[PDB]
A.B. asks: 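Quick one: structure with Taxol.
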Amino acid sequence: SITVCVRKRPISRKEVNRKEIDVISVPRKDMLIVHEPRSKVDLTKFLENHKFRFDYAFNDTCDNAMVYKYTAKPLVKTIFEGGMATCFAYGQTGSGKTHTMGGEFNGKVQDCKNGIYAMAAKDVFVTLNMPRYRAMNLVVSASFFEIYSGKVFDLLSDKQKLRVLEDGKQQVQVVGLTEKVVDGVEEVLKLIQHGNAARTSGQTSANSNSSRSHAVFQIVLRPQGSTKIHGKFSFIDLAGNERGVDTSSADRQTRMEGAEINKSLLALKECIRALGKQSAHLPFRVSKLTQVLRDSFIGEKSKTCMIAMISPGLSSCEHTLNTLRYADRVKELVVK
Amino acid sequence: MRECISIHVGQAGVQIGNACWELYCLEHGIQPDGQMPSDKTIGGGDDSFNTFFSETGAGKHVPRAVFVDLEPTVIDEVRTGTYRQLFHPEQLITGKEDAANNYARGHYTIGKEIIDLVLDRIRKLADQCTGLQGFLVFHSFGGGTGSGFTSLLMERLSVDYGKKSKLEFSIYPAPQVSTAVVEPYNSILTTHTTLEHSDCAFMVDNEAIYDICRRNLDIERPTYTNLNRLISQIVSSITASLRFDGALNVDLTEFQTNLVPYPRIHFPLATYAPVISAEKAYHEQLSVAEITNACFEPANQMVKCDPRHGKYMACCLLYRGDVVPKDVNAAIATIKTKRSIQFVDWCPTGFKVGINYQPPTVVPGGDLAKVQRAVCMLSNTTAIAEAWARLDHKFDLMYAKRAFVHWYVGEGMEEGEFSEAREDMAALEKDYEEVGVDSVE
Amino acid sequence: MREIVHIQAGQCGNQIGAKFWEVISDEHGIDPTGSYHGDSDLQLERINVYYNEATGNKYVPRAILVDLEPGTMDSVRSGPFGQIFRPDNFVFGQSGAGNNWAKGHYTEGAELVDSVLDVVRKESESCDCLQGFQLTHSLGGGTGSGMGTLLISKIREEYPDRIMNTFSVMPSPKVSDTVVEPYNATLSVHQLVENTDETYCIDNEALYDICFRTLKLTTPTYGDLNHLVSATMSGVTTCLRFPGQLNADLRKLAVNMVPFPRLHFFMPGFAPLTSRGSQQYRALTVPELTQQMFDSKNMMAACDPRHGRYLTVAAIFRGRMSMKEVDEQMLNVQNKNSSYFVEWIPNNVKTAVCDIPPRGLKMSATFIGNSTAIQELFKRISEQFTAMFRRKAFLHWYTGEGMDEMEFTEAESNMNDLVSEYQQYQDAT
Amino acid sequence: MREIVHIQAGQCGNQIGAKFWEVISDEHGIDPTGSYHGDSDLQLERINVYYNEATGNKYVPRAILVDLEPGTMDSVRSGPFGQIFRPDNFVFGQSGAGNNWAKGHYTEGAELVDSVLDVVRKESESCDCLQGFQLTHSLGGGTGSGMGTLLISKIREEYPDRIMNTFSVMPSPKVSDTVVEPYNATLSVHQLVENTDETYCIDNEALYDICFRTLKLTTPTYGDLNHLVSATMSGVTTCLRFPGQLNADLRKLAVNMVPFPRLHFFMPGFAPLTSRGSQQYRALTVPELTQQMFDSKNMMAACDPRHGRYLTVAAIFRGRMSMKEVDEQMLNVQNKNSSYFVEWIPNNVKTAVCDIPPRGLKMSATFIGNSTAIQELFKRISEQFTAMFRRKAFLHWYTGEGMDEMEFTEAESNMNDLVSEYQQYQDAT
Ligand SMILES: CC(=O)O[C@H]1C(=O)[C@@]2(C)[C@H]([C@H](OC(=O)c3ccccc3)[C@]3(O)C[C@H](OC(=O)[C@H](O)[C@@H](NC(=O)c4ccccc4)c4ccccc4)C(C)=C1C3(C)C)[C@]1(OC(C)=O)CO[C@@H]1C[C@@H]2O
Ligand SMILES: CC(=O)O[C@H]1C(=O)[C@@]2(C)[C@H]([C@H](OC(=O)c3ccccc3)[C@]3(O)C[C@H](OC(=O)[C@H](O)[C@@H](NC(=O)c4ccccc4)c4ccccc4)C(C)=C1C3(C)C)[C@]1(OC(C)=O)CO[C@@H]1C[C@@H]2O
Ligand SMILES: Nc1nc2c(ncn2[C@@H]2O[C@H](COP(=O)(O)OP(=O)(O)OP(=O)(O)O)[C@@H](O)[C@H]2O)c(=O)[nH]1
Ligand SMILES: Nc1ncnc2c1ncn2[C@@H]1O[C@H](COP(=O)(O)OP(=O)(O)NP(=O)(O)O)[C@@H](O)[C@H]1O
Ligand SMILES: Nc1nc2c(ncn2[C@@H]2O[C@H](COP(=O)(O)OP(=O)(O)O)[C@@H](O)[C@H]2O)c(=O)[nH]1
Ligand SMILES: Nc1nc2c(ncn2[C@@H]2O[C@H](COP(=O)(O)OP(=O)(O)O)[C@@H](O)[C@H]2O)c(=O)[nH]1
Ligand SMILES: [Mg+2]
Ligand SMILES: [Mg+2]
């Protein structure tokens, strides 16, 4: 019961200067074709077509509101029934992941009016103001993580290093996170704008705000005067594997975080296929990113929505077939 | 009730108000002693005098206006003159010495001595209102009372009221013709309240109305009595749909929604198209088509300017009289066809049509004719920055040698305020360079 | 049984409805005071579709009049039919809307909508078995766009199974008399998507072109444009009031005009429309009426249906005519023009035939089309919107009234999404 | 059944057709307003050949009126029969044609032909089973030549199996009132070759000569020349409207008048034509009618058939006459004059005999000839054309309007080719 969507991103200006060839076509509503140039043994080049079918496929002209309406917008009428719901951002680095989740990259700033964080935090409140659901008298509170160097940090408080422990009921609890109480939608935009300004990110010329950590934004839905948890919507922005040509100026510091981004995703790649077959010991405790994402897969009231991000060009055709094959494996999953 | 308060400051502000309050007394049928005649057992508020005239009981119409001057001489023409019992006696406020072409006197020395008396009178008119629309401040850039006092008053009117619209009807200095030597110092200093406190500021100047009287109207030798009747037709058409019936009526807030793009881009120039003498009003084809073209003509502007050097951003067509709206759309589509008229590339829905039924009133002794149709065109354009560059250059000449500064410093302001108001007007002129240019990636 | 509440809002919606209550009140013989002076017994058997009977055989319309400005209310009272309405249904504020969507949907409209819905429920709770609603309003104003879609989105929370349709005026780039009308129309197409069962999209450029070319009028006024629109509005609910050979209610149309939900934007049309003088030259027959209903120059929406495919259409005939000629002429069109109809739906056309023509002519007709060519409307707005909003022009008049940009970009994207819903169902087999 | 659409174009074609709709409207008893005031029951049994019946027993002609100048339209409306036509078929621009072929076929005619063919298909789609068309136009003008052949070449793409014939006026060197008429006539004979089923070539010099010599008129006007032409146009489609002893439709003539295709240029002719006064001296019999139809001075084309051979002819008789005298007089001509008929075709003559003569005379007749002597027409034009074009005179009024010289030399050569098609079939056994 996992919905999978894919989003081809458009071609940048610099990739036109290097004369990049676009190979990803989205001809229909829910298909995609990868045009792979292949050569035979006698130097006769030919072309392969890799069809895919998803729940919904996005073009390169789609905006973040349309990506929102088909991914996280159906999952708001779930959090007000008692369940919990998440969404991933899984792909290559540079493939538009924090442009979808975080917001539109407006150069020096982050226009957080776009993004999936703000558009769902707005839509909780409109849903909370309906007379059917206003009767429950709930309290919306928001928290916001950061997973850097395998360890959990916090971004509401400045640099509170955090632990990952477990309840006796087999429930992972990060403790002690900061959980501010949100008044309105003008309050939750103040968290996200202050949150993204403190997220650890590199500084270069190609991707001046490349993600260096697996940011997790939670909106906790609590009844008033009970201190339980009635619903959670946990966003997940990943960091993305990077192992193509990342040899620019990488010192001992750059590949220190560099090999730990790739280590955290192999643990995530294994838990997908281990859930694919049956009865195996699900390696959730390998990386702490997989221990946070435990309730997304095996949750009895969990409805997730992975958004597979795709770089369009020819030089990223290798990572593209890698990334699309996992999302097809994510789609073919029946937990319970 | 769609009431409006007219505020008339300084000699030019009073003396325009003599031409405005002459005209509404004729549009509504009010004698100079405030009386409507006995042959009206009809709806007065259906003729809607009640935006400019509060009806005193036992048949008496007193205006919603306050005349303020720092000089006793100009308002004593209203006492007596002919309107000596039209106005309430307590809303004609005189000082004892004028500000005497000195912003520092009108704003600091002399102006604070009657500013409590002026503001207290406006509240007695604001309390008589039911549905107050906004303020109509008339003044002149380049007086002492028109600039110094009006800057003092618009600060205080923004604190007490704030949310109301506050329209200004200024007279801007002309490029060649000037009557004061210190005329540029008093115009840079009124820049701060004009952009910050007013919500839609209009500008006219005397040269651009002298030429309209000479060319469009064949008056060989105009006086100020000829000119202020042309200012008053712009005002009488703008505030017309508040107080007359018509298809496509426009409130004072439907201007600002449709005329002002950004909160600092609120300086629109007005025109008025059938300025035709009565002998030239025969041989006429004064249709909707010809009267729409005349507003876009660069010679018929009320400001010495040329909108072929900049781009329009919005227009606002307000028609009076025998006007059918399908004639207007056939006249708009000819205006959008022409390549002399450049709109901006973020406008595309060009401009707003308002239509009214009440045709204009011919003032007895007037210069205008009796027309079936008339058009005021309020229109933002980037070409009004060129009038500002011609006046910064006069300020920059005299303030380079710090000429008349010693009069201003010894009256209640500092030398440093010249360097702030020069930068402040240079920032607007940078805004019109950056709002006119279309964007690429 | 099967009552209709009429909620006319704004300036444009009140001017149409004031002309609308002068056509219905002629079809049933209602005096300008409200008494009955008809001669046919069918004029009273279903008069309760629109009219509550009051004391002394007076017939008061079930109409609710909304504005944010007292002026248009004063015009309708002082018009020909100010006597007809009840004075408790003239709901109006004092402070005008500003041609501003935010001011009529958030600030000064939400203050009034409590005092309007309390009057809507006085009409709806007195009916025997209410059928639905109708808004008459204007996409492009403050009250017709904003206040109209606040009224709509608060009735679906209370009457969630009644046919709500609108007769809404959409702007056109050829005829503009409002600078900020793309902002005001995009923010209300977004509301009409999720809340409405049928939407009869009308333009004004399409209504002068009917007056100029078809009717050969010399000086058209708004009284002529609203006269066409009011002839459509009576034509749709005809079989609800008069007996017929085939019947079609509001719900019966919506079942087989709307294939998928969210595709509920219709193109109206009326026939016959002749000039005066050139009516002695046209013979009135069913092949004559059919040619007008499918010519493009008799559409009340400024589109050409040759740039798309009709999903479904409906044709409501009024008069003592046959049923073979109706069933054959509606057949000889969708075979001659089979490239202009969607081919995965056989027999795209619905025929309704009443028995009572209007009171001055025999054999009228009404064309209602669900065409894929209505994406020409929504892209002409969504090009103007995205040319202003990318520079954030005229935006502080909206963000100053409670709104923010997140409501814009959502509303822009929902307009651009249903363009890609008529586009899929136009082409691709 | 067997309807005829009439497309009169230009000044000359409208003046003929306005006189044509005054002869037909007398044959069927149509009032100038449009009502019926006949006395014979045969006047209504086939009145739908030309007239659509409208509301209240009014009969509107199926005619479409084209011009590029509003003036001739104002004359026809203000004439005797302006009441008869429908006002939706007066199609006209404002900017005149210039007596220029290019301006009416490329620049300002192609702008209008969309608004004319859309009216042609309103007439053709309402007919039960349409037979064909008829143009009345003028080789030598801007609208009759250019706009007429644009209308023709856009109907054969849509109605490619209907009888389209023209009643076209060709220039003559004896009577010129236009300098550039060889340019305007050569460029439209080229269109009439590939697009027309019959072409009834008429001159004006041949029509004064009938008025001068035969009719003995003193002051002939254009109203007298068009009166002859309109008596031909009614005579050809007589058996289509009235019962006969032999019948001949438009298609039945074209089968056995046109041996090879591209040879479809006919010489019309009418009989009886007497002066007033000298009608008490002529006995009206079949040998009397036959002598007029084969005398050269009763041809409406300025040619002499003694300079060639008739391929085929047709004779349509109208009246209670015998069939032996028709079959014998049509035999005693093509044996007495056997050197003037082509001898590889036995019995060159087709007889049609109707039963209804015109309303003032008994026993009329109509001669239609396919003669090889019509190369005298096409060479008198193609000598004037090649004398102007070799100096490129008056050419920039054509190349400035989109044309080029390649359209000229093609059109000159196709005129000179069919001269060598009547020349082969004249001589050589
Ligand atoms: C002698 C004669 O037959 O006159 C006709 C007439 O000439 C024509 C041109 C009428 C005429 O309509 C118009 O000219 C017109 C004016 C403004 C807006 C729309 C139309 C007519 O005015 C309109 C009038 O319509 C009616 O009587 C219908 O019942 C109509 N009524 C109204 O619209 C109405 C008007 C004023 C007051 C009250 C009602 C109607 C249509 C649909 C639903 C309800 C009512 C008719 C047949 C005619 C005239 C009188 C010339 C036409 O219109 C209608 C609505 O029938 C225009 O094209 C049609 C064809 C008609 O033949
Ligand atoms: C006393 C008498 O018998 O008078 C005759 C007459 O004298 C003659 C001279 C008529 C007369 O015709 C002309 O003088 C004439 C004028 C202009 C153009 C062409 C001819 C006549 O005018 C014409 C008129 O023709 C008709 O009535 C036909 O029906 C004819 N009608 C019209 O052309 C017509 C004229 C005006 C209004 C409406 C119709 C017709 C022919 C073919 C197809 C349809 C109709 C006739 C027999 C005569 C007069 C009256 C003197 C002749 O013409 C016709 C067409 O019949 C000319 O040579 C014939 C021989 C006739 O005997
Ligand atoms: N159009 C018009 N302009 C006027 C009129 N009177 C004065 N002005 C302009 O006003 C400018 C000076 O302002 P004034 O009104 O004279 O002075 P003030 O505003 O009363 O302030 P003081 O200098 O203290 O009297 C002059 O340059 C004139 O151009 C008038 O009656 N009509
Ligand atoms: N759909 C899109 N349309 C336009 N620009 C886009 C889109 N998606 C991404 N971009 C641009 O692509 C650039 C890099 O996107 P980004 O979101 O940083 O990719 P990324 O995978 O998140 N890199 P990282 O942050 O390390 O994961 C930015 O300039 C974005 O504005
Ligand atoms: N068809 C028609 N359109 C109208 C009428 N009155 C106004 N309009 C149009 O409605 C648009 C604006 O809607 P408006 O009436 O101002 O609505 P409001 O301001 O919200 O009350 C304008 O473009 C007008 O062209 C009318 O009587 N008939
Ligand atoms: N037989 C006849 N010929 C005419 C008439 N009017 C004009 N013509 C001839 O037509 C030729 C030119 O054609 P014209 O009428 O000018 O066509 P147009 O300019 O294209 O509309 C001239 O040589 C005239 O002699 C008419 O009423 N009858
Ligand atoms: Mg990122
Ligand atoms: Mg003074």
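Chain identifiers are assigned alphabetically (A, B, ...) following the order of the sequence lines, protein sequences preceding nucleic acid strands; residue numbering begins at 1 within each chain. Ligands are counted one by one from 1 in listed order, and the atoms in each one are counted from 1 as well. Header lists the method as electron microscopy, 3.5 Å. We show just part of the entry here, counting contacts only within that part.
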A.B. asks: In terms of chains or ligands, where should one look for Taxol?
C.D. replies: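 It corresponds to ligands 1 and 2.
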A.B. asks: Can you peek at the structure and tell me the main thing Taxol (ligand 1) is bound to, named as in the PDB entry?
C.D. replies: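 Most contacts: Tubulin beta chain.
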A.B. asks: Would you mind telling me which other chains place a heavy atom less than 4.0 Å from Taxol (ligand 1)?
C.D. replies: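 Those with a heavy atom under 4.0 Å: C.
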